[PDB]
Amino acid sequence: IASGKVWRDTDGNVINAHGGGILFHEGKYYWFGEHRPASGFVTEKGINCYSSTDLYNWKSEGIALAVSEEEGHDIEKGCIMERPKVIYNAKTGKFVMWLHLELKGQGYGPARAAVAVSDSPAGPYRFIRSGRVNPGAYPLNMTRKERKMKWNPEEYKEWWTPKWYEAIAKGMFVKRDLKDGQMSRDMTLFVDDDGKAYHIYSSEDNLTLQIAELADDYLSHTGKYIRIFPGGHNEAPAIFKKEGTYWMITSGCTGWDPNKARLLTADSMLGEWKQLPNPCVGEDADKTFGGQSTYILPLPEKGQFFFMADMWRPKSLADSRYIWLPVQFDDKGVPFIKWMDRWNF
Ligand SMILES: OC[C@H]1NC[C@H](O)[C@@H](O)[C@H]1O
Ligand SMILES: [Ca+2]
């Protein structure tokens, strides 16, 4: 595992799986990610999939979720498809893919999460629906008093004033988006011990993280959700659970530029969360080693976890590389990550 180098599949082609994540099923790891083009930023293809027995040799499984050729479809060619994650639904036996969708020709405005389904890990997946999250429902931890407040859009046009920040903290953008549902851009998924799944996403114009419970088949949301770190600008969330504790690594919001990772922790997924120091340590840790969090893969057979990131090259996004590093734990059980040029499982 040689972070930042050109990685190739078994045919010799550059692995094209960005913003991704990995699952294990029937003896194989399946890596899902954005198919990025050589020029431009929008996918020409959809969500790509690769498979491996060993986490070193990756076989191209082809496109798992394709862009549609039908005009007016939510996922017609030219839509934005980012940060795909796949989870297995044990009750129905289906593979469920969620992803950040922006409708074609609308930039990043729609701020939707989309959901697709497959009988097999590699696909093809069948698109079901897209939309903002939980129309009509308030966050669980947004208080009665906060829900009763009125925010005149004309008084709060200037971002980053003291009164605007306070307003964002007390849920001004939640109320703004209440009817049509909460915004979802950068996102991930987590399947808990009891089969409860959660959709974690940057919401409220990227200012605030939200964690939403998924329904029992993982195809919709239940209405139950919380919001955390309002105004915190936590992006590209990555999550894992260890010995009952939930840990989340995120980035800041500086477009393509690498920035300082944050470490967030809770004892309950929908309980209170708190922020801990940058979990990256050593030289370049202030820049997350030139990367941005995408996924934390548990290896539950070994009681270990590994941190996946993207080393984004905005000049040509197909040339973006992959940083994969062991998650280590200090004497208090707090995760940290150090660079290694080459390491083995
Ligand atoms: O918009 C480009 C880029 N910005 C930063 C996000 O974390 C990425 O997923 C991607 O949307
Ligand atoms: Ca955020």
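Numbering starts at 1 and runs along the sequence shown. Counting starts at 1 for both ligands and their atoms, in listed order. Note: hydrogens, waters and symmetry copies are ignored here, and every other heavy atom, side chains too, is used.
Among WR-1065, S-rimantadine, S-propranolol, S-econazole, 1-deoxygalactonojirimycin, the compound found at ligand 1 is 1-deoxygalactonojirimycin.
Of all chains here, the one making more contacts with 1-deoxygalactonojirimycin (ligand 1) than any other appears in the PDB entry as Beta-glucanase. Residue contacts with 1-deoxygalactonojirimycin (ligand 1): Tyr108 is included, with a non-hydrogen atom under 4.0 Å away.
Looking at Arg83 against 1-deoxygalactonojirimycin (ligand 1), only its side chain comes within 4.0 Å, counting heavy atoms.
As recorded in the PDB, the organism behind chain A is Bacteroides thetaiotaomicron (strain ATCC 29148 / DSM 2079 / NCTC 10582 / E50 / VPI-5482). Of all atoms in 1-deoxygalactonojirimycin (ligand 1), numbered sequentially from 1 with element shown, those under 4.0 Å from a heavy atom of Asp186 are 6 (C), 7 (O), 8 (C), 9 (O). Annotation for 1-deoxygalactonojirimycin (ligand 1): atoms under 4.0 Å from non-hydrogen atoms of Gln292 are 7 (O). Not a single heavy atom of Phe41 sits less than 4.0 Å from an atom of 1-deoxygalactonojirimycin (ligand 1). Which parts of 1-deoxygalactonojirimycin (ligand 1) touch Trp256 is read off a 4.0 Å heavy-atom cut-off, strictly below it: atoms 2 (C), 3 (C). Distance cut-off 4.0 Å; other ligands and ions near 1-deoxygalactonojirimycin (ligand 1): none.
For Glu82, a nitrogen or oxygen atom sits less than 3.5 Å from a nitrogen or oxygen atom of 1-deoxygalactonojirimycin (ligand 1), counting backbone and side chain alike.
With a non-hydrogen cut-off of 4.0 Å, the residues around 1-deoxygalactonojirimycin (ligand 1) amount to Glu82, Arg83, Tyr108, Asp186, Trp256, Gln292.
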Could you list each N/O atom of 1-deoxygalactonojirimycin (ligand 1) together with any protein N/O atom closer than 3.5 Å, one pair per line with the distance?
residue: 1-deoxygalactonojirimycin (ligand 1); atom: 1 (O); partner: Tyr108; partner atom: OH; Å: 3.2
residue: 1-deoxygalactonojirimycin (ligand 1); atom: 7 (O); partner: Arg83; partner atom: NH2; Å: 3.2
residue: 1-deoxygalactonojirimycin (ligand 1); atom: 7 (O); partner: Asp186; partner atom: OD1; Å: 3.3
residue: 1-deoxygalactonojirimycin (ligand 1); atom: 7 (O); partner: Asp186; partner atom: OD2; Å: 2.6
residue: 1-deoxygalactonojirimycin (ligand 1); atom: 7 (O); partner: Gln292; partner atom: NE2; Å: 3.0
residue: 1-deoxygalactonojirimycin (ligand 1); atom: 9 (O); partner: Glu82; partner atom: OE1; Å: 3.4
residue: 1-deoxygalactonojirimycin (ligand 1); atom: 9 (O); partner: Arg83; partner atom: NE; Å: 2.9
residue: 1-deoxygalactonojirimycin (ligand 1); atom: 9 (O); partner: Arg83; partner atom: NH2; Å: 3.4
residue: 1-deoxygalactonojirimycin (ligand 1); atom: 9 (O); partner: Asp186; partner atom: OD1; Å: 3.1
residue: 1-deoxygalactonojirimycin (ligand 1); atom: 11 (O); partner: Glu82; partner atom: OE1; Å: 2.6

